[PDB]
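Have a look at the structure below before the remarks.
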Amino acid sequence: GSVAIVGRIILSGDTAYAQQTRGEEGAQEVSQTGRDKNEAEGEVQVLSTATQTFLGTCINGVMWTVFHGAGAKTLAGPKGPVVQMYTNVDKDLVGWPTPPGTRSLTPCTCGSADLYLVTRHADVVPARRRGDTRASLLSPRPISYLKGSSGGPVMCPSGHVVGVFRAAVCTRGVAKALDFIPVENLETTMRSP
Ligand SMILES: CC(C)(C)[C@@H]1NC(=O)O[C@@H]2CCC[C@H]2OC/C=C/C(F)(F)c2nc3ccccc3nc2O[C@@H]2C[C@@H](C(=O)N[C@]3(C(=O)NS(=O)(=O)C4(C)CC4)C[C@H]3C(F)F)N(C2)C1=O
Ligand SMILES: [Cl-]
Ligand SMILES: [Zn+2]
């Protein structure tokens, strides 16, 4: 089974919109055959396997997502399934060559502490950065609000990408903070010998 693109999260600065591109049947077919003839576009994709769904974020020519969503699976593409370029279980990180037609977000170099997560439902969730990999939510959220958004982007006010959403700091079913793979750690992954 392959990972399939089933939609994209269109970013328009302050707001986002979730556009579905595959229904359940089409999604399953793309994952089964590993072949996807739709011309992809955008920077944030909605991804699905046979059993799960989550997000992927295009950065530095690679579409990144979480290992706990994609495993080591191939990505369905126009020429057939595409093997993962990066697979790091320790970081819960995987990457494929960015699908043709997509574009990459720019890594943030402005150091702003005011961040926002874009969820799979196109919700924008403000957060305040707390160290390298964490950001505290301005408003607590039920975990169901954030489920399915692993692999989505954490952004700065200028529309730069700061990190890739990995996990929620969550007790008693309420998320208080975000854990994300910082963009600098993606560059390290692309530099690791
Ligand atoms: C309690 C909780 C919120 C469920 C949990 N918090 C939590 O563990 O907090 C601690 C303390 C602060 C950071 C974190 O340190 C531990 C690191 C965990 C990890 F992430 F690195 C991780 N590495 C793995 C590597 C290999 C195999 C499996 C792995 N499994 C992992 O974590 C698991 C999964 C991850 C998850 O749910 N991610 C999200 C999501 O949407 N997934 S998903 O799309 O629906 C779906 C399941 C389809 C793919 C974004 C959060 C959303 F729900 F908000 N988890 C549990 C959590 O977030
Ligand atoms: Cl990391
Ligand atoms: Zn920035």
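Positions are given from 1, in the same order as the sequence printed here. In listed order, ligands and their atoms are each counted from 1.
Drug at ligand 1 (options: venetoclax, glecaprevir, carbomycin A, dalfopristin, clarithromycin): glecaprevir.
Structurally, the greatest contact with glecaprevir is made by what UniProt calls Genome polyprotein.
Atom 17 (C) of glecaprevir is not flagged as protein-proximal [any protein heavy atom, distance under 4.0 Å]. On a distance-only criterion, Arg166 and glecaprevir share at least one N/O pair closer than 3.5 Å. Of the protein's non-hydrogen atoms, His68 CB, 3.6 Å is the one closest to atom 29 (C) of glecaprevir. What sits closest to atom 52 (C) of glecaprevir on the protein, heavy atoms only, is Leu146 O, 3.4 Å. The protein does not reach atom 56 (C) of glecaprevir closely, with no heavy atom under 4.0 angstrom from it. For atom 25 (C) of glecaprevir, the nearest protein heavy atom is under 4.0 Å away.
At a distance under 4.0 Å, no protein heavy atom can be found next to atom 32 (O) of glecaprevir. Close N/O approach between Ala168 and glecaprevir is found [any backbone or side-chain N/O within under 3.5 Å]. Contact annotation for atom 1 (C) of glecaprevir: protein absent (non-hydrogen atoms, distance under 4.0 Å). Of all protein heavy atoms, the one closest to atom 37 (O) of glecaprevir is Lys147 NZ, 3.0 Å. Among all protein heavy atoms, the one lying closest to atom 11 (C) of glecaprevir is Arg134 NH2, 4.2 Å. The shortest contact between atom 41 (O) of glecaprevir and any protein heavy atom is with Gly148 N, 3.0 Å. Of the residues of chain A touching glecaprevir, most belong to the UniProt domain Peptidase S29. Proximity of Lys176 to glecaprevir, defined as any heavy-atom pair under 4.0 Å, is not found for any part of the residue.
Among protein heavy atoms, the minimum distance from atom 44 (O) of glecaprevir is reached at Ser150 OG, 2.8 Å. For atom 14 (C) of glecaprevir, the nearest protein heavy atom (residue, atom name, distance) is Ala167 CB, 3.9 Å. With a 4.0 Å cut-off on non-hydrogen atoms, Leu55 does not touch glecaprevir at all. If you check which protein heavy atom lies closest to atom 19 (C) of glecaprevir, you get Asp92 OD2, 3.8 Å. At a distance under 4.0 Å, a protein heavy atom can be found next to atom 6 (N) of glecaprevir.
The heavy-atom binding site of glecaprevir at 4.0 Å consists of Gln52, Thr53, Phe54, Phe67, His68, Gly69, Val89, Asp92, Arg134, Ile143, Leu146, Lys147, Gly148, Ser149, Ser150, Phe165, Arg166, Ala167, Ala168, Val169, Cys170, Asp179.
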